[PDB]
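In this structure, methotrexate is found bound to Bifunctional dihydrofolate reductase-thymidylate synthase.
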2 protein chains.
Amino acid sequence: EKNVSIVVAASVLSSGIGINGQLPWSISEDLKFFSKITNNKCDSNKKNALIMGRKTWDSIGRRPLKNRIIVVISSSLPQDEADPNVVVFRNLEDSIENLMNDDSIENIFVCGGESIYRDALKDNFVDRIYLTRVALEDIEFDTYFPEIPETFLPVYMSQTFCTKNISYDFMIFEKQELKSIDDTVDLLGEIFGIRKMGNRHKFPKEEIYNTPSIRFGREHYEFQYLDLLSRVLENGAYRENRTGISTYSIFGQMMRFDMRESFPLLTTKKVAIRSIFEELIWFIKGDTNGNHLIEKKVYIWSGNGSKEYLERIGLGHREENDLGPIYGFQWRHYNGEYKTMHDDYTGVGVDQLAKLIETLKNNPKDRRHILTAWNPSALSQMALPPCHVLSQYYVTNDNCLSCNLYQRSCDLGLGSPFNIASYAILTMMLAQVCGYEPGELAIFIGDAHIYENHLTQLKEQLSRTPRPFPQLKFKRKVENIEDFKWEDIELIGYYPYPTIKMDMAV
Amino acid sequence: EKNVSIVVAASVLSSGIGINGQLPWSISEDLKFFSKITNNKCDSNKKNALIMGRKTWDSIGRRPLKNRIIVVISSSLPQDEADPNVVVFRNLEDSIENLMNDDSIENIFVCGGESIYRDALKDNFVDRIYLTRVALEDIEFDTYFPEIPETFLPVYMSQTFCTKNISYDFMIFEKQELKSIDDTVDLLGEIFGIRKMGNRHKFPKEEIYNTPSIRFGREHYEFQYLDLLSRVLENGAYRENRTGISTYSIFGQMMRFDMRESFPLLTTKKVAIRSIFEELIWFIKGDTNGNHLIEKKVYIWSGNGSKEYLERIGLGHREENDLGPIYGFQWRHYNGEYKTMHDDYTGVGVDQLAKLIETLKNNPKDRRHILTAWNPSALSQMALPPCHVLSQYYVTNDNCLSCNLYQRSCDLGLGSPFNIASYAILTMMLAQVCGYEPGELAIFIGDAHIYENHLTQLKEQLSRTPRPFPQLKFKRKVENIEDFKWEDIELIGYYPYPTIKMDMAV
Ligand SMILES: NC(=O)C1=CN([C@@H]2O[C@H](COP(=O)(O)OP(=O)(O)OC[C@H]3O[C@@H](n4cnc5c(N)ncnc54)[C@H](OP(=O)(O)O)[C@@H]3O)[C@@H](O)[C@H]2O)C=CC1
Ligand SMILES: NC(=O)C1=CN([C@@H]2O[C@H](COP(=O)(O)OP(=O)(O)OC[C@H]3O[C@@H](n4cnc5c(N)ncnc54)[C@H](OP(=O)(O)O)[C@@H]3O)[C@@H](O)[C@H]2O)C=CC1
Ligand SMILES: CN(Cc1cnc2nc(N)nc(N)c2n1)c1ccc(C(=O)N[C@@H](CCC(=O)O)C(=O)O)cc1
Ligand SMILES: CN(Cc1cnc2nc(N)nc(N)c2n1)c1ccc(C(=O)N[C@@H](CCC(=O)O)C(=O)O)cc1
Ligand SMILES: Nc1nc2[nH]cc(Cc3ccc(C(=O)NCc4ccccc4C(=O)O)cc3)c2c(=O)[nH]1
Ligand SMILES: Nc1nc2[nH]cc(Cc3ccc(C(=O)NCc4ccccc4C(=O)O)cc3)c2c(=O)[nH]1
Ligand SMILES: O=c1[nH]c(=O)n([C@H]2C[C@H](O)[C@@H](COP(=O)(O)O)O2)cc1F
Ligand SMILES: O=c1[nH]c(=O)n([C@H]2C[C@H](O)[C@@H](COP(=O)(O)O)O2)cc1F
């Protein structure tokens, strides 16, 4: 009685694994994974058995795999004994004889095709599933991996990797069949109430924890966003704010995201990537004219830039969509005397973005690559104070550009998915203009909150198991950072869950 | 063969447990801990046995403890059978008969005095130790808890709690005698090099991990600082900077500290608390005259305010210790045109500190309680750009004041212990002036680094197991935040390890 594991690489949506007797992709690192996972043994005097169907045995050229015993399931192949590393059985059930005897076999791996996968699960022989989810769907398949039965639960989901602009994951499914420290902490939590800080940071209940079966393997960095939602639903204090919509709030949180092998665009909800870009280039160009976003069919700043909103906050003399000195005016003209959105500001103020770019390539190990938007002198003139307040950038020794952002207030339903993708794109733009590669993205949050009208929507999003992050590549190398256009951005392999509508609080 | 655990409350340094037949303190929550830990059982048809010496049996008034069987070790007490909850044995060894039979006893607790503790460890009967470290040392003891033998290792250390301005810890010592996920992550780490983000955030090796036996119980929030040192020693990239002393650096880190039940002043090194306060009030008063710190025997700003340093960075015409517009000038006179440190700036600039205090008590749930020091217009005039760059404040529903700080550059050997305590004091000052209680402190760090001349010292500090945090209380309620004096601060129960000398890089 030893372990039996399925190893498979299937597409993210339809679970396709083959086409015309071969794989529908060529991912070198996935083969190395297959090699290392099937050679993984504990006894040096034992080998692992790899069960596969005849057509898969043809796919690998009918040649043995080093340090392993291949078991071919076939009704016609001669039960040859010349090759000791290849053995043939007439059916899958009889081939599980590696359990009954043959103590020289330690582990068993089911590597075969659709036929072998389908009746290995139907016969209930499989204990574990090693799934490699590949983000390729608009191609043709003729061989599929069967649907994983409900008796299996995911226990691990790796970060998103990239090969030839193809995103892929690594997951482990398992079939469902110290205490003195946990008790001591519980007892101290009964004595001290909220005086024990752990009781103010309670672990999220299972009913609000995304994919709860993955306990020790939440490597996918979309969990950095989904677990923050769970922590707010668990510990968020009901609080009123300047809008009529109250929130559940906590203070002091952070999220990490990789940008080397993926792009942190959420997959549990379809995110409007075009509106994010058009706002970011709007900041970079130094623009505060709210109409230029509306002319490009981007209405995210309509609520905070209406005549009724501006008159209520004390800016009745301001034009309709004149947002005042905000992001992109403190970026390019810091401390510049603001007039209107129509005046010419070329020359006035401190151009932080230009000095940032010049410093990134002239003194990379400098510890002052800082871009700020919090200007106490201009706060009164703003339609809304900056939420992403200050950001720092860092050049690694292997010529990668990382980014840190402090966010004073974070709408986790709407602003946060935008902020994650926006500062990811900005770091990639700065990386290309400065001749670096994208690094990491960290977001430090002050008031992380959830508006009460987003509760049903965000709980729906928590019911969706994440998919691998997409890729984002630029089609051309610009000379100045302002020259980026939406046509220059290619979003490769993005298969999100359906969009979720959420109303913004004005 | 069941479990035998010691429950004891001893002082932090000398391990004193008694004086004149009673406890040298009165901590109510510690008694509740003793009650809940000794009543903790798994079988409802079984009781726990509490072994204690005769003098301890006298200390509790010779009355039984509810739901438990008290076992008194005495050579003279009559082996009475009238009370079924109290039984007498002639020696400690015979009383361990609860192991041989008496299946109605589930767990055994050694609660007695020094005599019972000493030969319960000498006789090698004890499996676990529940230690309550109390921060009281300048009093008199006549009964001590013996030194814990090397066969025990700590596995848990709680946060610091407070009762009547007395700090105390809860520790667990234990006597020394899924795999598929760990392997899958290891194999993916062999395939991808630094492409897998986990490989850029490697867990610290045991040789650089403070108190390595505490794996799942690192609750004491001084580990938030000690584990950051370990992560830098593990993943820090060797990098050159504006000083001749290179550092080992990582980007994007954070630390949490409680301020409700303790004051986050490090115990693994004696920290100059007076210099921290005198610098903070120097900031609050709006002062940039470096001589006012030297006149009070505080020399932390001497290096960045010398004639040779100022002439080297391009401020040769600046006076000796004229640091320019820095912390406390952007606090009290933001965007104010700076001349020298002798001129009068009352009225010029934006007084952030006043607007912060006014906003904290007039609009507590406001999400804009922000204090910044990053002024791109004044960076060139500064003797050194701000390291603690921006801080945000937050009022909880139970009227506590929390603080978040973003630090662009963090000298983990010198500045970081100062930054942790300084912004803790500032948050407490703002809390008293605004009528709140201290909350939590979170520090988000950009360039966390260790100077190479601090390696021997910081490794020495990592060899010291932390002690409970002290308390910091104000002696009087001031009317204005500027009126705080060093005499107004009371540091209660601070017993640190000896100070460690580390030279500052200019
Ligand atoms: N992405 C991935 O991880 C993998 C993809 N693939 C791909 O899938 C395709 C191959 O899969 P598939 O088309 O299903 O072919 P199979 O690999 O499943 O092989 C089928 C053969 O196995 C034998 N067989 C199957 N079931 C039985 C049975 N119940 N009793 C006796 N013999 C049986 C038969 O051999 P016979 O006719 O001789 O009797 C049958 O023709 C290829 O494109 C391959 O590249 C394959 C493996 C992994
Ligand atoms: N902080 C804490 O957690 C605790 C503190 N304490 C404090 O410690 C003090 C008391 O401890 P302590 O002074 O050591 O006295 P003890 O509680 O250890 O009691 C000693 C008595 O136990 C009996 N005894 C001890 N050893 C033996 C033996 N080898 N064979 C037979 N009988 C033995 C003797 O009783 P007899 O003379 O009758 O034969 C002896 O006088 C008090 O101040 C108490 O408050 C006590 C418990 C816990
Ligand atoms: C056609 N086929 C089936 C195949 C392909 N990809 C998969 N990918 C996964 N994740 N799981 C599978 N079961 C799987 N099976 C193949 C193809 C090549 C090798 C192979 O050459 N393996 C070498 C590895 C070669 C190298 O290291 O790159 C080994 O040592 O195991 C195995 C199976
Ligand atoms: C003198 N003495 C010994 C004593 C005192 N403090 C300790 N503190 C610790 N952490 N550990 C000990 N073994 C310990 N022992 C005492 C004193 C009172 C009670 C006691 O009354 N316990 C009640 C608790 C009372 C309450 O809940 O406040 C119980 O039900 O267990 C026990 C032991
Ligand atoms: N309270 C508050 N005030 C704020 N001011 C400015 C912002 C930024 C912002 C403002 C509005 C949005 C927004 O509605 N997107 C719509 C959308 C959501 C999900 C999926 C797709 C789409 C889509 O684009 O179709 C996003 C971001 C902001 C905020 O988020 N909250
Ligand atoms: N590189 C670099 N440049 C910087 N400029 C300004 C600072 C702030 C600072 C500057 C200097 C110190 C400092 O030496 N304390 C000495 C000390 C350390 C431990 C215990 C006691 C004592 C004590 O004798 O009182 C601390 C803090 C700073 C820095 O920390 N690093
Ligand atoms: O980029 C943004 N991200 C974001 O989360 N918000 C949300 C946070 C909060 O819900 C609101 C600001 O409200 P307040 O100014 O009161 O903190 O804007 C706004 C942005 F522009
Ligand atoms: O409060 C402070 N905290 C701190 O960490 N430094 C250190 C960080 C860095 O090692 C050094 C120089 O800053 P820079 O990165 O601009 O060279 O000052 C200085 C302070 F004043």
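Lettering: A, B, C, ... assigned in the same order as the sequence lines. So for chain A, numbering is the PDB entry's, and the shown residues are 3-179, 193-521, in order. The numbers used for chain B are those of the PDB entry, and the residues that appear cover 3-179, 193-521, in sequence. The figures here come from the full heavy-atom set of this structure, side chains too, leaving out hydrogens, waters and symmetry mates. Atoms within a ligand are numbered from 1 in the order they appear, just like the ligands themselves. If you're wondering, the header gives X-ray crystallography, 2.8 Å.
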Hey, where's methotrexate in this structure? All the copies, please. ligands 3 and 4
Give, by letter, every other chain that has a heavy atom closer than 4.0 Å to methotrexate (ligand 3). A
Source organism for chain A according to the entry? Cryptosporidium hominis
Any chance you could list the binding-site residues for methotrexate (ligand 3)? Cut-off is 4.0 Å, heavy atoms. A:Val9, A:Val10, A:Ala11, A:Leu25, A:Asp32, A:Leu33, A:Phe36, A:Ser37, A:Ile62, A:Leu67, A:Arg70, A:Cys113, A:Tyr119, A:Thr134
